[PDB]
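One structure below.
Chain A is the first sequence line, chain B the second, and so forth, proteins listed ahead of strands; every chain is numbered from 1. The figures here come from the full heavy-atom set of this structure, side chains too, leaving out hydrogens, waters and symmetry mates. In listed order, ligands and their atoms are each counted from 1.
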Amino acid sequence: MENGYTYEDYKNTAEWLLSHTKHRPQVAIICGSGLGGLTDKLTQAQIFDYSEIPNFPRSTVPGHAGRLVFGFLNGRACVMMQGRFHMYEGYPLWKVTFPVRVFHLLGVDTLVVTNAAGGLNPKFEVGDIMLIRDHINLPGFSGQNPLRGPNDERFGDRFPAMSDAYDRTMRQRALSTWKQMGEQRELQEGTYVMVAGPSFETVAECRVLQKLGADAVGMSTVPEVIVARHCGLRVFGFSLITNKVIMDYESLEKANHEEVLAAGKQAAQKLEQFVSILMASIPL
Amino acid sequence: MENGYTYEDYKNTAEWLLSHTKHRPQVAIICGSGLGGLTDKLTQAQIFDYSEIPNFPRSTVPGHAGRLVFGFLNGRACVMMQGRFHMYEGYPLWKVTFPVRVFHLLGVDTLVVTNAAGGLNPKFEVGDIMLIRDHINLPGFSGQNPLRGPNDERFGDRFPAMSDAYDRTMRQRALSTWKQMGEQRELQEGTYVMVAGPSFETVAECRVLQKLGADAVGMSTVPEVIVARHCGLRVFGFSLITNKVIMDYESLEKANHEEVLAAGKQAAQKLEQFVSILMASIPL
Amino acid sequence: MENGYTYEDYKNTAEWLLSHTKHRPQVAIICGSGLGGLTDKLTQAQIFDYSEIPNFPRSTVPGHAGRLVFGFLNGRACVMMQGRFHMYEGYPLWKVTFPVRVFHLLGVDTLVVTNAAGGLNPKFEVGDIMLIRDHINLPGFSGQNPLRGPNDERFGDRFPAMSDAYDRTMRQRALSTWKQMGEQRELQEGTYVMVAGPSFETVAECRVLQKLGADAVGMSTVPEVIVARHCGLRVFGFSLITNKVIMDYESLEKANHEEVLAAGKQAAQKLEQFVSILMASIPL
Ligand SMILES: O=c1[nH]cnc2c([C@H]3N[C@@H](CO)[C@H](O)[C@@H]3O)c[nH]c12
Ligand SMILES: O=c1[nH]cnc2c([C@H]3N[C@@H](CO)[C@H](O)[C@@H]3O)c[nH]c12
Ligand SMILES: O=c1[nH]cnc2c([C@H]3N[C@@H](CO)[C@H](O)[C@@H]3O)c[nH]c12
């Protein structure tokens, strides 16, 4: 609606980093949060706190909005967001997604994003992993689109498509890796719907999200993919099911964050490895 | 997104009231509007205008945003909002719902909210009363959640559930009272969807709200339940059907406010009594 | 939510115009954009740039937000917006729709609005034209309604209906004209859904818009009809299908603006004539 950043601010944040860093990454990864441990498997790791990076979304205690790590993961030059920004935190989307536009100026050209999510598809099960074939951008329908505002042509068009958001190549490239390391549960595949804003859904709210044809649901991610494609990045992403969204009045259970962080933690290596391998089927 | 109130402002509003008032309420009721007359049945009633209560949502002519009454209803200590704030008035939700957070600081621990609403369910009929089993929080999906912003931990969690918003006990406790005073029309039971913002729905808009599985529709309420549960309040609520939402091109009729205020007025005692009795099956 | 304009600003913009203009229009037309050429067929045309009209939505380079033309089209006094304001441009709705409230103060009393749109209905085909029977105002459900804010009673009610937005008379008045000039493709008729904000829909997003029962989809229009009826204007409008919204993973095609402007251009006279004739079945 405004967008408080000019092209310059982006550039200036880039160049700064691009000069406290030997590194020049090609892929950006975004967790998770409980893909946290990933940071380990990197090597030659250089860390930064968001709080010291020019223009980053500042949170209240920094943070709470955490760290940017640069390094090598499976002999690929990475950079990853260990902790991210959300709309429910009160951040507008050109903030949430800000990081995303710096990455591209860094010359990263693939983005992988991950996240936890509730499962809407009855078939799914806590533990599973759903690749993201497509999304419903509900905040988007109503005005909340990280693209809203005057478009800067240096980044992209006024009117990008999202029909093809989630790289095809990568997605198979990908189920390979899944059995090509032999797993009991299959890879899932489906649609992430976004809703904002922090309260968990009602039962009726679930029924509606199932009707729309959604398979999983977070409050995340959605935004920063949309603006990845606005400027080229190939995009590949996926989701940890983490709870079966309560689907009927009767059940006495209740989503909590709690169970989410746990499951996230339980799932852990799974995962860390998965991404880690996948690195290898990203081009050059 | 911000939230202009700090914890202090809430507290200060409480304590003020908590000291021009003998009273110490346990239940908060919210009308209606045309449950207005309720104020009568209270006894030992002490009134206040929003306009003199520190921090209240100020409207333009005060008001237009009206009065807070404290008293006893059926030998329960109450406090009630005679007139409320809406999003379509231009108020953000941490304003609409502000009152709600003061109540809890007052030590109220049950909230009952009522409202008029259009009927989406063909079965329903003008006059009926729909208990609220659940809700679709449509403004919510897109970012408009009274909880959005940085969470204050003194009130509640970052990530409350709403699966169980509408107290089970109370809801039966409740159909009892309905025949246990013998009424021709049955109690209805169903889902309130919220949309904002003041224009009435189109026909196509109705068809969609019916598809989502909604039974009734207002522009209200939704918010302040969500933030009631964010901090404990037991929540019980319901709705006066007030018009059958025009469901097909052809009909020459048109929702108006008008018919709504009327029906509201027609329905009157019905009602006033109902709540009045219900008081008695709230704990202590 | 605020609305930065007072009644005065509207009036002042009117009177200004109402006095660099001989003219006194009765109908307002809004394109399109690629109904641009229409301006030709007017006669006795007086032009203005938005940029010089007191209070108009200013864009960045003026503009980019273009010109207001007054004249006679088929022996009717018109005034038309050659280029309009959108929400995705970052404009709030009491800006987008501002023009609309001036028109009425000008004493215009019919409004016709046109627009391009993607087709959701499989039956439709690029080239077709869909009259607007009704709309889904999705931004609206969540708070984005040009009416939101404190209502000024001089313009309209607090709670207008939209059940009957799209004049019945006019709509047939209308299919007449269509064969009454003998066309191969039939007139289409259906519902325009609005979403905001500039990115094109995903596939999953389409499936949902089809489910809701929408036939076409733009990011436009919706707003300014709603506020037309808030103050009397008879409203009649329609849509150029312009692309078949990609309805399945597989297809390698992608909406672009591009194809849209083209089709718009291809369609051209079609059209220019159509409106041109239609003028004649507007009253006096
Ligand atoms: O059942 C759900 N509904 C909505 N969001 C989530 C989420 C995501 N939302 C956040 C907590 O609600 C958490 O960070 C997670 O990534 C997990 N489960 C659900
Ligand atoms: O048919 C409807 N659609 C949307 N809202 C309402 C309402 C509620 N909305 C307000 C007026 O629209 C009124 O205060 C009422 O509580 C009644 N009927 C309808
Ligand atoms: O497939 C679509 N989806 C959403 N909007 C449009 C539109 C409208 N949106 C604008 C460009 O997206 C264009 O001005 C047009 O009037 C055309 N096609 C589509």
### Message
Not sure I'm reading this right - what drug is at ligand 1?
### Response
forodesine
### Chain with most contacts to forodesine (ligand 1) (name per UniProt)
Purine nucleoside phosphorylase
### Task
Identify the other chains in heavy-atom contact with forodesine (ligand 1) at a 4.0 Å cut-off.
A, B
### Message
So, looking at chain A, which of its UniProt phosphate-binding residues come within 4.0 Å of forodesine (ligand 1), heavy atoms only?
### Response
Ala116(A)
### Task
Check the entry and name the source organism of chain A.
Homo sapiens
### Query
Which UniProt purine D-ribonucleoside-binding residues in chain A are reached by forodesine (ligand 1), meaning they have a heavy atom under 4.0 Å away?
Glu201(A), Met219(A), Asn243(A), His257(A)
### Query
Which residues count as the binding site of forodesine (ligand 1) under a heavy-atom cut-off of 4.0 Å?
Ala116(A), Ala117(A), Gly118(A), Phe200(A), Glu201(A), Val217(A), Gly218(A), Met219(A), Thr242(A), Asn243(A), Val245(A), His257(A), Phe159(B)
